[PDB]
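For chain A, we keep the numbers from the PDB entry: what you see runs 26-57, 59-238, 240-252, 254-290, in order. All ligand and atom numbering here is 1-based and tracks the order in the structure. Below, each value reflects all heavy atoms present in this structure, side chains not excepted, and no hydrogens, waters or symmetry copies.
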Amino acid sequence: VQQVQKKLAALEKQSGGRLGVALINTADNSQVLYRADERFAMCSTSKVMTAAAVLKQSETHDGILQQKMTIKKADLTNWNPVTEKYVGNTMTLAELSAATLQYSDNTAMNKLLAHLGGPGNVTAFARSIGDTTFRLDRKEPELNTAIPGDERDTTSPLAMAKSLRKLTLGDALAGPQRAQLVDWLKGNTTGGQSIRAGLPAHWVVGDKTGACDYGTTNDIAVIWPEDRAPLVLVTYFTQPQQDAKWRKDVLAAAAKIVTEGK
Ligand SMILES: *C(=O)[C@@H]([C@@H]1NC(C(=O)O)=C(S[C@@H]2CN[C@@H](C(=O)N(C)C)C2)[C@@H]1C)[C@@H](C)O
């Protein structure tokens, strides 16, 4: 059905930006692709691979998720909805992971990066699960420049869709860790206006949004349409002006377009 292709193409043209979509239907492994092999800056969506790297460690290191880290007034970044509540005290890695994933807390992200030894370690983890496109280069907030043509902190919609699938439904993570990642993605509190907005209200969704410079507005999610096989969806969107406004409505439209009737 190229109807979807035409609709996506029109959506992009009308938006005046560059749209990236990758949908994987686990029912038969069919895919809906639109610039699925092009690179897009990930913004907060890179936080999923990051949190997953920590979960991977917990498979061998027992109780690591309960390990504590101190939050100093110096760790605070441009967005600390949760961490700012702990300046002077501690947060476990689980709490930190939850904070970065569900509230997109930047301080929490850098705390996880520090724990992992830097962005290069997240990239290594991605490679270990077969993702040869993903690449994390900087920490928060520099990783959000999203400069057109810059390959730093980018990935493709398809590569991210495959990795999200491997992580949440596949074998990239062990049972317990897989369940925690899914639980965290379902508990996201910032996706209300994105992919979720374009889906029937009773469908169950796990997702991670993101928004940064050049009006880059992203979202990656796993969708369970009632009792049907899960859908893995990545909607990436970026614009020409560095100061462009975010277009969460564009991702919602894209989501409706590709998931309608699934
Ligand atoms: C990540 O991409 C940045 C971070 N992540 C997200 C996100 O939704 O994933 C938010 S955007 C959110 C809606 N717009 C802002 C505002 O409306 N609030 C005050 C409610 C927050 C945030 C931009 C991170 C890299 O900085």
Drug present at ligand 1: meropenem (bound form)
Main partner chain, meropenem (bound form, ligand 1), name from the PDB entry: Class A beta-lactamase Sed1
Look up atom 26 (O) of meropenem (bound form, ligand 1) and tell me if a protein heavy atom lies less than 4.0 Å from it? yes
Out of curiosity, is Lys276 lining meropenem (bound form, ligand 1), as in a heavy atom under 4.0 Å away? yes
Short N/O distance, under 3.5 Å, between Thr235 and meropenem (bound form, ligand 1)? yes
Using protein heavy atoms only, decide if any is under 4.0 Å from atom 13 (C) of meropenem (bound form, ligand 1). yes
What residue and atom, if any, carries a covalent bond to meropenem (bound form, ligand 1) in this entry? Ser70 OG
Closer than 4.0 angstrom: is that true for some heavy atom of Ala237 and an atom of meropenem (bound form, ligand 1)? yes
For meropenem (bound form, ligand 1), is any non-hydrogen atom under 4.0 Å from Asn170's backbone (N, CA, C, O), its side chain (CB onward), both, or neither? side chain
Any N or O of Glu166 closer than 3.5 Å to N or O of meropenem (bound form, ligand 1): no
Check whether any N or O atom of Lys73, backbone or side chain, sits under 3.5 Å from an N or O atom of meropenem (bound form, ligand 1), and answer yes or no. no
Determine if the distance from atom 7 (C) of meropenem (bound form, ligand 1) to the closest protein heavy atom is below 4.0 Å. yes
Check whether any heavy atom of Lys234 sits under 4.0 Å from an atom of meropenem (bound form, ligand 1). yes
Any protein heavy atom nearer than 4.0 Å to atom 1 (C) of meropenem (bound form, ligand 1): yes
Binding site of meropenem (bound form, ligand 1), heavy atoms under 4.0 Å: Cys69, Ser70, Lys73, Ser130, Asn132, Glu166, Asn170, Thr216, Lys234, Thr235, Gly236, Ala237, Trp274, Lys276
